[PDB]
Amino acid sequence: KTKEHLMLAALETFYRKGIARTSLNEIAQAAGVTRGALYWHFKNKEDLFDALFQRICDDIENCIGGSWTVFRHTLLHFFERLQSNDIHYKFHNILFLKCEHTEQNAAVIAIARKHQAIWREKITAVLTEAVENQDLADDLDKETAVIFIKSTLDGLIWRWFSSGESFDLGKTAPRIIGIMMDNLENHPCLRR
Amino acid sequence: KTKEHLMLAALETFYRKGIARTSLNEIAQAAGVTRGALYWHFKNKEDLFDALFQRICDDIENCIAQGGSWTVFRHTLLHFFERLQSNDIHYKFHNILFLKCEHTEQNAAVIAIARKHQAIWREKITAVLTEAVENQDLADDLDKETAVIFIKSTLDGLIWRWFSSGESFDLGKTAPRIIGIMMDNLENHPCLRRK
Ligand SMILES: C#C[C@]1(O)CC[C@H]2[C@@H]3CCc4cc(O)ccc4[C@H]3CC[C@@]21C
Ligand SMILES: C#C[C@]1(O)CC[C@H]2[C@@H]3CCc4cc(O)ccc4[C@H]3CC[C@@]21C
């Protein structure tokens, strides 16, 4: 509804000036409703940030040969959406570059920690399927596999945002993912 | 003397407050000097920042101890993530560099310094990579530019996740197994080769 109209304002405002440096007052202006108006939908910056983190995870879910083989396909669909989808870009930008771990952003990082943790639970289930489906190894270490993908894939993201889009993400990302997949399958520093 | 006294005052404050909401003044009422004794030593923030970033690189490059060539990069890698745990200054610094340094137009001043140090790395990596290909450790067709991205992304990604996760996992046990996977990759994997 008009909610999404109020959100794309906060998303946009988080993106021009960062989260801690943003005020509800300001967000209310971007979508041109009254500070009393948006309070009806969100009570503070954090609800809006929460609503935003949501709307990204819904896209990713709603973008899905084998099961394992499909996984990669979502992983690559994810990295392009980062580039061509206007919001996936701006959000992860704000998530990675404008969310400083201060007190003034204390409640907001809590919100984000929840979501990246549901992502981890959602990573475990995937690898769980691929072990039973014969795609992966009876022996795969899982706890260390989580760190590996998040380390590998977040780290490509941060590298790119903190380097001002200094390389050609679409060319690089499949290769890093290809090498990560080759690793989850074969390499043994990933075995229990 | 009081040159170093301010240097940690900046580090503590930057840590307990993030870079941007830290005034040159605050760093002094923490150090015990006045604004003049501050300014005498430092022109502005970005240069107290410049000065810490160097000291980390200094500590880092001043630890090269011994074998081989490529066999040493591995050593200063494992030696890097160890310091990130045991060395209060190196921990507080990348805790700032990775978390409390937001990409706004105020920090814009100091993001240049950061970029500047971060690009020296890129060439000192591309250097290590070159001396490994010569010394026949890596292959000749090693797309050395993609190696550069690969390496930092992998290792920055390790650092970032660990930091941002709230240090939820044992970097002692993870890092060697991470570096190991990355090392064997650079040596052996065919998606890091040009033609
Ligand atoms: C958030 C986050 C990340 O650490 C960076 C990109 C994220 C994956 C993108 C696509 C995807 C697909 C799935 O089937 C399951 C999870 C994910 C994301 C969560 C973890 C990733 C690597
Ligand atoms: C800072 C930083 C990083 O992005 C994470 C770890 C860093 C390496 C540490 C040791 C090292 C040794 C060298 O001979 C040359 C470069 C480096 C650093 C490069 C930057 C890294 C990957």
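Chains: lettered A, B, ... by order of sequence lines. Following the PDB entry, chain A residues are numbered 10-73, 82-209, in order. Here chain B follows the PDB entry, giving residues 10-75, 82-210 in order. Looks like X-ray crystallography, 3.2 Å, at least that's what the header says. The figures that follow rest on heavy atoms only: side chains count, while hydrogens, waters and symmetry mates do not. In listed order, ligands and their atoms are each counted from 1.
By its PDB name, the drug at ligand 1 is ethinylestradiol.
Here the macromolecule bound to ethinylestradiol (ligand 1) with the most contacts is known in UniProt as HTH-type transcriptional regulator MtrR.
Other chains in heavy-atom range of ethinylestradiol (ligand 1) (under 4.0 Å): A. The entry names the source of chain A as Neisseria gonorrhoeae. Counting heavy atoms within 4.0 Å, the binding site of ethinylestradiol (ligand 1) comprises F88(A), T91(A), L92(A), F95(A), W136(A), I140(A), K167(A), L170(A), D171(A), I174(A).
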